[PDB]
Structure formats: C-alpha cells, structure tokens
Amino acid sequence: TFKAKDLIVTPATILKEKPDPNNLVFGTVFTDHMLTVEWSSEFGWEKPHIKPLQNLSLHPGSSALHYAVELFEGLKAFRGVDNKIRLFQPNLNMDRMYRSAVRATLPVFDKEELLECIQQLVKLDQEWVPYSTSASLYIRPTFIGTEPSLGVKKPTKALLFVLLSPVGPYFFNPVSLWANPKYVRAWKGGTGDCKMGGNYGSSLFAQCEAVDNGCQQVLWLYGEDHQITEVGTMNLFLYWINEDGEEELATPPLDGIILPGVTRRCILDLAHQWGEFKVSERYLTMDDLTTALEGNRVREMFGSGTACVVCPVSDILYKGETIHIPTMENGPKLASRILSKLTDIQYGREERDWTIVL
Amino acid sequence: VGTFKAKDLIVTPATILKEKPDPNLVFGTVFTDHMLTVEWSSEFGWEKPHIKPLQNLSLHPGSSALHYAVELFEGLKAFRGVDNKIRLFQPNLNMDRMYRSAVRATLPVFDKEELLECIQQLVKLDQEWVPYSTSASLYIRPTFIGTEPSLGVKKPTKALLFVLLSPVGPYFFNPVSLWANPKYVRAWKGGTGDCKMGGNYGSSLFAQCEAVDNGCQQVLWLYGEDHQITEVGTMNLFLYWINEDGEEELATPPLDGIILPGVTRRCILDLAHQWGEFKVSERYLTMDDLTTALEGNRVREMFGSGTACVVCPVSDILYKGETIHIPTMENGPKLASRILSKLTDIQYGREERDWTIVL
Ligand SMILES: *Cc1c(COP(=O)(O)O)cnc(C)c1O
Ligand SMILES: *Cc1c(COP(=O)(O)O)cnc(C)c1O
Ligand SMILES: NCC1(CC(=O)O)CCCCC1
Ligand SMILES: NCC1(CC(=O)O)CCCCC1
Ligand SMILES: [Mg+2]
C-alpha cells in the first residue's frame, strides 16, 4: 500500500477562477489539482501524486474501457459557518470503496492513507470549497483497471485517482419518476450493492426513456411483485401510515440489490433517535403504494444521497397513468427536518461525531 | 444524427514499425503498428476517421466510460487463407451487434458499412501481422466509449470509437472444468446481458478468480430457481445429447434476454439445421436436466462457442461440493471436432462459402 507521507506535489502554475456558487451544474466544473497513484502487480503501489488537473494517459486496451473494471465514490467537503472545512462520515466511504475494490478484484489500499491523501488534496485546493451554506465540494475517488491485455482477468496494472468538483444541487425541487418494470437496475447475485461502473452504464437507456416521457429520474422496480427499490440512483424513503395503521418511515432492506448509502444510514439513525414514528427496513411494492395513496395514507416520498442529501418526489408515471404523490402539499415536513438536520451537522452549525475537521 | 465515412480516412503511417511476434502468442497481449480512432461530439457529430500509430488514449479524468461504464466492444478475426488471401468472417453480424449495442448504451449510431470498410483499411495496412500460421489469426477489437467530461449520469455528449489489432493463437482441444456457484448471476431479465457492453464483464472477475482457486478454468453461469445453465464463462453453451424423449439433440439456451447472441452460436445452429442429422433445439437447460441425463448415459458432449476458442470442450462441472464429469472427451468429441474443422476450413479459405469476405 502507498503512504501519504510519500506524497509528491506539483502545483499548477496557473490557477483557475472559482465559479459562481448560485448556479452550478453537478460535476461539470473541476478544481486545479487531482490525486493520482499508480499500481502494478509487479512492483505494487508507486508513490501518490498531487498534480495539476490533466488528462489521463491510458493504453487503449485498459480493462476499464473494455470490461468495466472500475469503481468510484462520492463524498463532500463543507465550509463550516465558523469557516472551518469539514468532511462528512469520510471513513464510511473509504470502507465502501475498499469492499468494492475487493469484489472488483482491484488492488487493496490502506484506507487511512487514502483519506489522508484526499485531505491533502482538498487542503491544497481548499479555496474551491465554496463560501456558501447551500453549496459544497464534491470529492470523487475513482479506481480503474489499466490492464493492457484484452484477456478477461484480474488486472495487473491499475490507477487510483481523485477529482474535486464544486457543486450546488444535483438536478425543494420535486421530481417525477418513470416506472417501467421492463428494465432492472440490479439483481440478486449481482453487484448492485457496490459503486462499480457496470451498474450505471446499463441504466442510461431507461434514464433517457424517462426524460423524453416527462420525468427526471427512474423508479427502479424489481421482481414479480414490482418492489420499489431506488429513486434514480438514490435510496428510496416512504413516509406514511402503514397497513397496520401506524405512522412509519420505510426504506427497502439491504438484501443485495440496494446500495448502502451513507445518507440512507444517517436518516435511519436520526429517525431511530427521534423515536417519533416507526422506522422499518422493509419491502415496498407499487401496489403497497397505490393502495396506500387511494386511502390517503402517504405523506412523503423522497430519495436520499450525498449530492441532494434528500430529494422529494411528487409524481410517478406507471401503467400509462400519472400517480400524484402528496409529498409537497405535506410540507414536506420530514424531508425538510431531515435536510435541515444533516446540513446543520455538515456545516458545523451543530457538533456531532459525523464530521471531520480540516 | 449521422455517420463518419471511410472515404474521409486520414492515414498516418508509423515511422518505427514493431517486429511481428512468433505465430506460436498470448491472447490480446501483442498489438499491431496502427489503430483506428474516430471522435464524436453531440455538437458537431462524427469527425473524420483516422488510422494512426498505436498510442495511449488521452482521456479527461471525468470520462463517463471510467465512472459509469459507458462502453461496449466487439471481437472478430481476420485469417490468412491457405491461398495467402486474408479473410474476414461474418463481419456484418459483428457490425449489427455493435450497432444494437451502441443504441442500448445510448452511445451514437453510425453507418455499419462505413465502419466495416474502415476496418478493412486498418487490417489492409497491417496485414503482415495477420499470422503466417493456420492455427493463428489477428483479433480485431472495435471499442466504443463515452468521453463525457462530467460526473452526471447521462447520455454522453462526447464519444470515442477505435479499433485495436492483436495477433493471437488460442484463448487459454483442451477441455475445461467449470465452477458452478448459483450465488453469482451474470445477467437478469431487463438488463443488458444480451449486448457486449463492458458493464456485464467487470462484475464477473470475482467469480472467475473463485473458479481458478477451485481448479476450474471457467465459470458456469446459473440462473433462476431451477438453476438453468446459460453460458460457459463468456461463451455460448451447447449440449449434444439424448433428450427426455430419446431423441438425439443439439441443445442451447434461447435468446430470452440473458444470453448473448454469439456469431459462433449462429453458425453452429445454421450448420446443425443444415445437416439435418438430429434435432436442433433452442430451449431451457437445467442442472437437474444435466444430472438426470448424466446418470442415464444420455450426454454425448458439452462445449462453449465463441470467437477466441471457436469451440471449447467441457469435461467437468463443480457443483454443490461435488465434481461432475462430462464424457465430452470420451465421445470424440465427434460433434465438437466436426464443428471446429468446418468453421476453420471456411475461415482459412479451405472451403468456399458466403460467410467470408476477402480483402
Ligand atoms: C451512491 C449511491 C446511492 C447513495 O449513497 P450515498 O452514500 O448516500 O451517496 C444510492 N444508490 C446508488 C445506486 C448509488 O450509486
Ligand atoms: C462475445 C460473447 C460471446 C460470443 O460471441 P461470439 O460472437 O461467438 O464471439 C458469448 N457470450 C458472451 C457473454 C459474449 O460477450
Ligand atoms: N444519484 C447520484 C450519485 C449519488 C448521490 O450523491 O446521490 C450516484 C451516481 C454518480 C453521481 C452521484
Ligand atoms: N469468451 C470470450 C470473449 C469472446 C470470445 O471471442 O469468445 C468475450 C469477453 C472478452 C474476450 C472475448
Ligand atoms: Mg497503516
């Protein structure tokens, strides 16, 4: 494994102008520096670099281009209202990226060395961490196989790098979802519980089909009973009165077709902590939903993820009809409370072991 | 909404040419002198195609092919006939599959004829690499990748199409042993298993490793509660046997969405249908159908088909801690061998047929 202590820094000689915080398109503007660490089965890991944001030089046969031997992560840096820059649950991302690496047969690395390197990269480009309480700096760790051979096997050459991109919003701005059981995002025995590239390229066709049909995201359905799994590539939360008549906040269980979002776990933690309603990790089907709506039992439906934190849902185009979800006419009370809590913690307006300082 | 044209090819010869390897090669290990590349932007469409010296790709770190596997590929070969004339085999099908793939990936469409000609031109240039052997060929790897310099999961506004050339011999007869663990699923109804998109492959290296660890060379992909057998590693699966009706039969899974329509598969089905010596059935095959058959002496052969092996005999399957031997080798294998001879006779010009295009 590589070590932060060996970092080699090559500052850009011409720094870019920081963008306008009020209107940023997600992941389109990049900072001045990036992190890069090369690996080869022959000599192991080389020393990590922090150099000007540049194009990668890859052999046209790199397995990442042919067999999707790749995985990524998503985490943010926030400038606290006390002007101190913080990271949110960073070690959980390191753990997920590590487990995905193993399932991808990519080379392992010392989680703490990566986190420290990332902190240094952020520290160097710190002025990119927006001066806004509604904006942040997206951190994108990426791991690709660069095996020059076309043979399908464990890579003997790989690259690990990190990009920094100042972001505002990913897309309250409620969204409509397009539900069509003809497409499946992930399946049992699959790799859907990992952030491996191969899980997203296969979804673009359905995404496109949603856009030209009036929606902004796909509602992923699975199985014979049409379980509702995720809002686009965000975890799904349903706030309602369940079949037993008790107020409840529900989300699909981690049975292998659901990605264990950090946001997801935090909302469950805050929900369990408030103890004001039942919190269940259970299955939810379209019929559980439509049945519930015609009984006026649904209050809010939203998605969770690092980019949005939470993103309310107001409609679902299903069997040829549009099903309205009373999310926005109900506040959304909980959606807001949640977003309010999480950001309060991210920007240090509240102390809690979920953030890391500079 | 357009295409690039072979008539616009800008050729740039390498000044320093590499020495060809020994025709007797590690699959996809050695590459030729030149490559083909074609840039695409949603703003101006397809650029003009180039044939330049092999070289790295200069990609933006945010390229969508590295983050969301916005990619797809193909695999075909050129053969030097026993008449020294170089031949391509069923190219038009590869172009059709790549096309259908691009669309399923939301990558930009192109004129299949133009691409094919552009490929003939690339090979034509590097024809001396086409092995002077009868058991070796040149692997043609067309590749289509998204170069969207943005982290947003969306239809790419930038793409890159290229083609690599790699002289090769074999992939690994030489029977293989299969690892059958139902905990790993290659494809699912509603997914992209029936296209050659990179996302279907990265996710299997773990199972492959688990395979070797257990003395096996490939993974037998199982699907559904009834453990249907779908593909042998990344090759289509054929089972020559006496079915439940006592009839001689050549069976192979149907294209119901989780099997990739291989060119070698197509051919083997056409040959089988043509000879009309036994029943040819595209149907569901399960481990239980296989076990029941084996413990009844009803199995003749099992083998995978693909461009790299053409045909690959299966002799064993590790299932539920038990090793199940397949008598494929103790039966010639007559069918497997017959197929190999036939396809090879045709590819190397020994047999004349429409399945090839000379250059
Ligand atoms: C990244 C991701 C999420 C959200 O996880 P967070 O760690 O909370 O960002 C949800 N679903 C999918 C499919 C994802 O890729
Ligand atoms: C490419 C491929 C095949 C074989 O197709 P051929 O065109 O015969 O080489 C079989 N199965 C999978 C999963 C493939 O990707
Ligand atoms: N829905 C978005 C992300 C997750 C998130 O932050 O919600 C995953 C795909 C790559 C961009 C990020
Ligand atoms: N089994 C192999 C291939 C197909 C083939 O030619 O059999 C697909 C994966 C990438 C290498 C080629
Ligand atoms: Mg250590």
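Order of sequence lines = order of chain letters (A, B, ...). We number chain A the way the PDB entry does; in order, the residues shown are 24-194, 199-385. Following the PDB entry, chain B shows residues 22-45, 47-194, 199-385, kept in their order. Each ligand, and each atom within it, is numbered from 1 in the order the structure gives. These numbers come from the heavy atoms of this one structure, side chains and all, not from hydrogens, waters or symmetry mates.
What sits at ligand 4 is the drug gabapentin. Most-contacted chain for gabapentin (ligand 4) in this structure, per the PDB entry: branched chain aminotransferase 1, cytosolic.
Those other chains that come under 4.0 Å from gabapentin (ligand 4), heavy atoms only, are A, B. Of the candidates A:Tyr90, B:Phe95, B:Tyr161, B:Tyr227, B:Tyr161 brings a heavy atom nearest to atom 12 (C) of gabapentin (ligand 4). Every atom of gabapentin (ligand 4) is numbered from 1 in the order shown, and the set under 4.0 Å from a heavy atom of B:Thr333 is 5 (C), 6 (O), 7 (O).
Near A:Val175, meaning under 4.0 Å from one of its heavy atoms, gabapentin (ligand 4) places the atoms 9 (C), 10 (C). Each of the atoms 1 (N) of gabapentin (ligand 4) lies under 4.0 Å from some heavy atom of B:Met261.
For gabapentin (ligand 4) and B:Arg163, the ligand atoms under 4.0 Å from any heavy atom of the residue are 10 (C), 11 (C). The closest protein non-hydrogen atom to atom 8 (C) of gabapentin (ligand 4) is B:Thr260 OG1, 3.6 Å.
Residue B:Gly332 approaches gabapentin (ligand 4) through these ligand atoms, each under 4.0 Å from one of its heavy atoms: 7 (O).
Looking at atom 6 (O) of gabapentin (ligand 4), its nearest protein heavy atom turns out to be B:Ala334 N, 2.8 Å. Atoms of gabapentin (ligand 4) lying under 4.0 Å from any heavy atom of B:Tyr193, numbered from 1 in the order shown and given with element: 2 (C), 11 (C).
Residues contacting gabapentin (ligand 4) within 4.0 Å (heavy-atom distance) are A:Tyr90, A:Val175, B:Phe95, B:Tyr161, B:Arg163, B:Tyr193, B:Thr260, B:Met261, B:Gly332, B:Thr333, B:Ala334.
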With the criterion set at N/O pairs under 3.5 Å, what does the list of contacts between the protein and gabapentin (ligand 4) look like, atom names and distances included?
unit_1	atom_1	unit_2	atom_2	d
gabapentin (ligand 4)	1 (N)	B:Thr260	O	2.9
gabapentin (ligand 4)	1 (N)	B:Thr260	OG1	2.5
gabapentin (ligand 4)	6 (O)	B:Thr333	N	3.1
gabapentin (ligand 4)	6 (O)	B:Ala334	N	2.8
gabapentin (ligand 4)	7 (O)	B:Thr333	N	3.3

